[PDB]
Every structure is written in C-alpha cells, then in structure tokens.
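Here's the structure we're looking at; comments come further down.
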Protein chains: 4
Amino acid sequence: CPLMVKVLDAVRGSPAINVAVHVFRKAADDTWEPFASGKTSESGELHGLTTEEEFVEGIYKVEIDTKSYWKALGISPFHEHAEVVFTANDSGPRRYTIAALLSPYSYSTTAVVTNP
Amino acid sequence: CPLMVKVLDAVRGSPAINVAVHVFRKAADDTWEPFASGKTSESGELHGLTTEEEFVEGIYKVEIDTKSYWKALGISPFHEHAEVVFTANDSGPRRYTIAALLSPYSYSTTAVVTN
Amino acid sequence: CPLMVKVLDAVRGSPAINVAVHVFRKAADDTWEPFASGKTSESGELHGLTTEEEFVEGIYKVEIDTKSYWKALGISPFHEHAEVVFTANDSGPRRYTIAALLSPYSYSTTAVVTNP
Amino acid sequence: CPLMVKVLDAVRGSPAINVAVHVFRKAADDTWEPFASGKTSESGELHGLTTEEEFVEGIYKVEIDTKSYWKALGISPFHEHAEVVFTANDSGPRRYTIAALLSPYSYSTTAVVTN
Ligand SMILES: Cc1ccc(Nc2c(F)cccc2Cl)c(CC(=O)O)c1
Ligand SMILES: Cc1ccc(Nc2c(F)cccc2Cl)c(CC(=O)O)c1
C-alpha cells in the first residue's frame, strides 16, 4: 500500500487502536476533498487507505482523530487532532508511512517515505 | 501573552528563526478565520500573537510554515507545514506555549499550558 | 522476538539503516553486562537481538550508535548515542519494540510494549 | 549559564517540575564522573548547573530521573531515566539547552545550541 498510517500511544506504550484517520486531498480549487479514511487496527496500523492508482500526486492531509482517542481513555488532550499535510508523489510514486506518536499534550508525526 | 509559539530546528539544534506562523480561529461555519501571525524571532519564539482579551475559548489552528523554513536551508521537507489544532480551554488562568520541534521528515508539537 | 529496535532517520524520512545497537543488562553488582548487539536492517529494524529465554527480568540499556550513523552521512550530530534504559519483564514477559526517531540534534525513543 | 536542562511533561502539558537531573563528565577511564545536578524548577528548567570555566569540552551525560517523576504522578513509566549523552564542542561561543519532552513510554530530547 502506498499510504500507511501508524499511531502509537506514548502514555501506554501501545499501538493506538481504533483511532480514526481521515485523508483529504487538495482539489484544484484549494478545497480539501475527502480522499480516504479508516481506523487503526489492533497493531495501531491503518493499511489499505488507498491504492497506487488512486494515490496520485497532490497535497494530502491526514487528520488523525487523536482527541476521540484520548477522550475514550478519559484524558482531555490538548490537540483536536494530529495532522499531516504533505505533497505526495512529486518525483514519482512513493510508499508513505505516517507514524504519529501521541501524548495528551504532544504528538509527533513522522514520515517514512520509501521508493517502491 | 496568552499564546506563544516556539519553533526549534532539530537538524541544526537551533531556534528555527523567521518561521512564519499563522493562527486561525475556527469560525461558526467550520472555516478557519485568520486571527494572528508572525515570524519566529532569533530565539525561535513568536510572542505577542494575541492578548488575553482576544484569546477567547475556541478552536485554534496554528500553522507553522515548516516547508519554507526547510527550503531556506536547502533541505527537502516532508510536510507542507506543521498544523497545531487545539481548543483554548480557558478554565484559567492559562498561558499556552506551543513548541514545535522540526525535522525535515518529522515534527513534534507540544503544548506547555501553565498558570 | 521479545526485543526489537527500530530506528528512523527524521531528516531523510527513511529507516536508519546499519545503525549499531548495543544492549546491556544491569548485573547484580550494578555494572552493565553486554547483553546483545546488532545492526538495523534495510527496514531500520533490528530483530533477533535476544530470545524469550535469554531476555529475563532486569534493567536493560539499549545504546543506539546514532553518532556513527549521522557521521557516515556527513552530519555532526549532538548526541553520542540514543539510549533507552528500562526495566524489562517486571510483571512477566513482554514484547518490546524500541523506536528511535533520529535528528542530528534531537531524538525520541518510544517503547511499544505488548503482551505476547 | 552554558548548560540548561528543560523538562516538559507531554501528558499534562506542563513543565516537569522537581525532576532530578544529574550531569556527568566522561572520565579518562571511560567512567562517568558526577559533575552537576539539580531539580527542575517550577518552569521545568534547571539553571546554574555549571559555569563557562567548568564546562570544558568533553563527553557529558545528562541523566534525567524521569522514572521518579512519573511515579510521583502515579503513571507507570517505561524508562528508568532519560539519558542525554553528548560532546560539548566548544567551537564557540556555545549555550546548550537540553529539552526533554517526557511521556510515560516515550521521550524526546533536543539540544538547542546557540551563540
Ligand atoms: C517504516 C516504519 C517506521 C517507523 C515505525 N515505527 C515508529 C516510528 F517511526 C515512530 C514512532 C513509533 C514507531 Cl513504532 C514503524 C513501525 C515499527 O516500529 O514496527 C515502521
Ligand atoms: C531555547 C529553547 C528551546 C526549546 C524550548 N522549549 C521546548 C519546549 F517548551 C517543549 C519541548 C521542546 C522544547 Cl525545545 C525552550 C523553552 C520555551 O520557550 O518553551 C527554549
């Protein structure tokens, strides 16, 4: 899969399971078009968001619903979400792994970008 | 100073200077209304973005133009920007420091909320 | 494997390949006994450091040679290494994934700890 | 103040206050010689660890007792401590800020090296 989102809970040192992830793609008129969405699995990984055909060049935004995640665990987090906005596939198709490492008042988002 | 944005360069171990930061308040129609912006100073800090009177509860987005910063340094960045979206809670009093640690393919943002 | 070390290069958005990783275990006399070592693979992952039999309770230190890594890429990094010191298996055997996210002047080390 | 340690709590979004920090200098026999220590203040910062005269080039270890901090808060931590090991380079002048962002199962440490 060309786009994978991984979410870790840095409080529990665990995959962040059942985290909603929405992917949007910036349309020609600069709106965010819904591109794909999903939930992280039991491994904190979200696979199959898209395909190599569908995942064309563009600016993509990945909004990870970190607030609902923290809230379901009784935590009032700082952020509404963890975002990742990036140009994808500018110099040809890549595999993107987006790793979000979550704490209630901090997150980090990293891209592991590999050439398939 | 109820809101202060601090930006660090994890590649050079330095303040990320001259980083454009835009703050938006979520408007009733779910759109982002420009609220404040600035450039990080020589200390990587952006003060005076807002005032206590202006900084009411609401959802705020802090957009840090991390891409232009990395471009200015000649390093290919992953992200278009860093985008900190949060609810100002105002169960107070509260100062917000938003620290963004910046690497070309990674960033962290942390809120240090005090007082 | 009960202990896995993953290393990512946050500058290149890539696995940090061929990174030396040394694992020590705190002996009875508070010295660090060499426990295991290895290199991260092409995926930035180091598997097979140890086994469930060998990986008994203890305090373990994982020293990731981040300096040699950065130096081989022409970068003078801040840290000599990325360390992780933790008590392992205190309430029974666990799987530990240690993820180190590396920048020349910053690193983050996260543990994904799962119950096998 | 050539060396300043700052510790943040990523769980509470606060300075990590009263965090024990030990600084060691690597001795010629490859062992760690205690050099300086302190507790983070109410601002999560530990100043006055050393002086310019004392802080010569060398390999330093900053041990942040993250475990006791998490215990004091009732949260099971992963790490025994956070351990920042680095060469003071002294191609100068140089101030070192070591920021440690602290989560129970994760920490980041960043050096902001200025001047
Ligand atoms: C290609 C890739 C890159 C990084 C990670 N892990 C990762 C990371 F990159 C940041 C924080 C936590 C974790 Cl687990 C992973 C998943 C893993 O560590 O097994 C895959
Ligand atoms: C020179 C310097 C560098 C970083 C920080 N803050 C900081 C922080 F407040 C949280 C996580 C990382 C960092 Cl580096 C600070 C303190 C601050 O203004 O928040 C100073």
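Below, read A as the first sequence line, B as the second, and so on, with proteins coming before strands; counting in each chain starts at 1. Because only heavy atoms are used, hydrogens play no part in the values below, and waters and symmetry mates are left out as well, while side chains stay in. In each ligand, atom 1 is the first atom listed, and ligand 1 is the first ligand listed.
- By its PDB name, the drug at ligand 2 is lumiracoxib.
- The chain with the most heavy-atom contacts to lumiracoxib (ligand 2) in this structure is named in UniProt as Transthyretin.
- For lumiracoxib (ligand 2), the other chains with a heavy atom below 4.0 Å are labelled B, D.
- Lumiracoxib (ligand 2) lies out of reach of B:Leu101, whose nearest heavy atom is not under 4.0 Å from it.
- Residues of chain B that UniProt gives as binding L-thyroxine and that have a heavy atom less than 4.0 Å from lumiracoxib (ligand 2): B:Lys6, B:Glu45.
- Close to lumiracoxib (ligand 2): B:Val112, with a non-hydrogen atom less than 4.0 angstrom away.
- Atom 16 (C) of lumiracoxib (ligand 2) has as its closest protein heavy atom D:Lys6 NZ, 1.9 Å.
- For B:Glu45, a nitrogen or oxygen atom sits less than 3.5 Å from a nitrogen or oxygen atom of lumiracoxib (ligand 2), counting backbone and side chain alike.
- Checking D:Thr114, D:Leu8, B:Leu8 against atom 8 (C) of lumiracoxib (ligand 2), the nearest heavy atom belongs to D:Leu8.
- Of the protein's non-hydrogen atoms, D:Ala99 CB, 3.9 Å is the one closest to atom 12 (C) of lumiracoxib (ligand 2).
- Residue-ligand proximity, B:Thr97 to lumiracoxib (ligand 2), at heavy-atom distances under 4.0 Å covers atoms 19 (O).
- The site surrounding lumiracoxib (ligand 2), defined by heavy atoms under 4.0 Å, contains B:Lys6, B:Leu8, B:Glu45, B:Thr97, B:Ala99, B:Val112, D:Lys6, D:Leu8, D:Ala99, D:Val112.
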